[PDB]
Amino acid sequence: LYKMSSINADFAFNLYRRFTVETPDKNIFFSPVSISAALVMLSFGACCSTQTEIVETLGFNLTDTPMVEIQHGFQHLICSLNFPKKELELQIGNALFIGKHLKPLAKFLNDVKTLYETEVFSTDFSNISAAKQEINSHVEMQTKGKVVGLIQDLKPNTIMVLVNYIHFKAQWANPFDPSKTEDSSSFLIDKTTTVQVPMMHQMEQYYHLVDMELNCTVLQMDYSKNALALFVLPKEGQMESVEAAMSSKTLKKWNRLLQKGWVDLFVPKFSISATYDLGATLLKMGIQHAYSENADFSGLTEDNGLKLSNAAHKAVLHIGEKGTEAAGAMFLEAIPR
Ligand SMILES: N[C@@H](Cc1cc(I)c(Oc2cc(I)c(O)c(I)c2)c(I)c1)C(=O)O
């Protein structure tokens, strides 16, 4: 419901915080919905503690939201996100690359295809090089060329890869005039160091606030339809404290407090990318049995013949005068159990 949105948001912020620990004072950029979607999809085929660990790690309490409701919730979410929207490109889909010799349950396959935007491909993982290339170029195509080389290394014993992809392209409700963009303006990257970036500039009415508790400025920039960007600008030295406070509760607070008024606004034009090896992180967060010799994916294949081995994510962002283009992909790799 809006219950799910609250849970998924808090998962995003907790995972975000894990990243600030693994790569401190560095660019962070990921798609929470992509990561959550891949794991939920994996959970559809899992049983018992293997299944429950995955959803609990995603933030859910199975007393509050039974397994079945979580499944239906995520199927509804991905359907809604993919629903045609004028002036907005947003697609999120998944692909299952199944080994030639695996015995996937027709139930699992029919379910993910009908209910979870899944394309299924029979894959010859005995040519591990060609398989890696096939999967990479499919993710590349589905992300409109924006996510290149998702998979760097694929284990020779790989017998299944689950991939989720997201592509987003939208125009600002109020685009910037490139004739007002300063070619070269300073951006502070640490206390004593600046980099030069093009700085877009406009004066318009925007929803905004100063959080008096957190000492950050929050700025909402709408896209032309069904979407928005939130920029959170901490006071000097206050990034750590703002990061600690990010939560669904904090977003709900801001939603009430944001007020539309005139702002003389300067936003950088830039592109960034980020990659994450997620195997160890997901284990630490509580996904354990999925990796073990006693992994229970009895809902996926006839012979419960696999276990999770690797996971990784790549995401890219561009912001310019016209709008924003962002893409991401998540993969989970399985080997014989
Ligand atoms: N106020 C305008 C603009 C706005 C939309 C969203 I989406 C949002 O982000 C969240 C995220 C979660 I999770 C919530 O529970 C809530 I409430 C808002 C915020 I901040 C502001 C609107 O409503 O369209």
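We count residues from 1, following the sequence as given. Quick check of the header: X-ray crystallography, 2.0 Å. Order of listing sets the numbers, starting from 1, for every ligand and every atom in it. Both backbone and side-chain heavy atoms feed into the values below; hydrogens, waters and symmetry mates do not.
The molecule at ligand 1 is the drug named L-thyroxine. In the deposited model, most contacts to L-thyroxine involve the chain that UniProt calls Thyroxine-binding globulin. Binding site of L-thyroxine at 4.0 Å, heavy atoms: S5, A9, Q220, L228, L230, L251, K252, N255. Considering backbone and side-chain N/O atoms, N255 comes within less than 3.5 Å of an N/O atom of L-thyroxine. Nearest to atom 7 (I) of L-thyroxine among the protein's heavy atoms is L228 CD2, 4.4 Å. The protein atom (non-hydrogen) at minimum distance from atom 11 (C) of L-thyroxine is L251 CD1, 3.7 Å. The nearest protein heavy atom to atom 9 (O) of L-thyroxine is not closer than 4.0 Å. Each of the atoms 13 (I) of L-thyroxine lies under 4.0 Å from some heavy atom of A9. There is no protein heavy atom closer than 4.0 angstrom to atom 24 (O) of L-thyroxine. Closest to atom 14 (C) of L-thyroxine, if we only count protein heavy atoms, is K252 CG, 4.2 Å.
Those atoms of L-thyroxine that come under 4.0 Å of a heavy atom in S5, given as number and element, are 13 (I).
Interface atoms of L-thyroxine facing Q220, defined by a heavy-atom separation under 4.0 Å, are 3 (C).
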Quick check on L-thyroxine: any N or O pairs to the protein under 3.5 Å? One line per pair.
{"residue": "L-thyroxine", "atom": "1 (N)", "partner": "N255", "partner atom": "OD1", "Å": "2.6"}

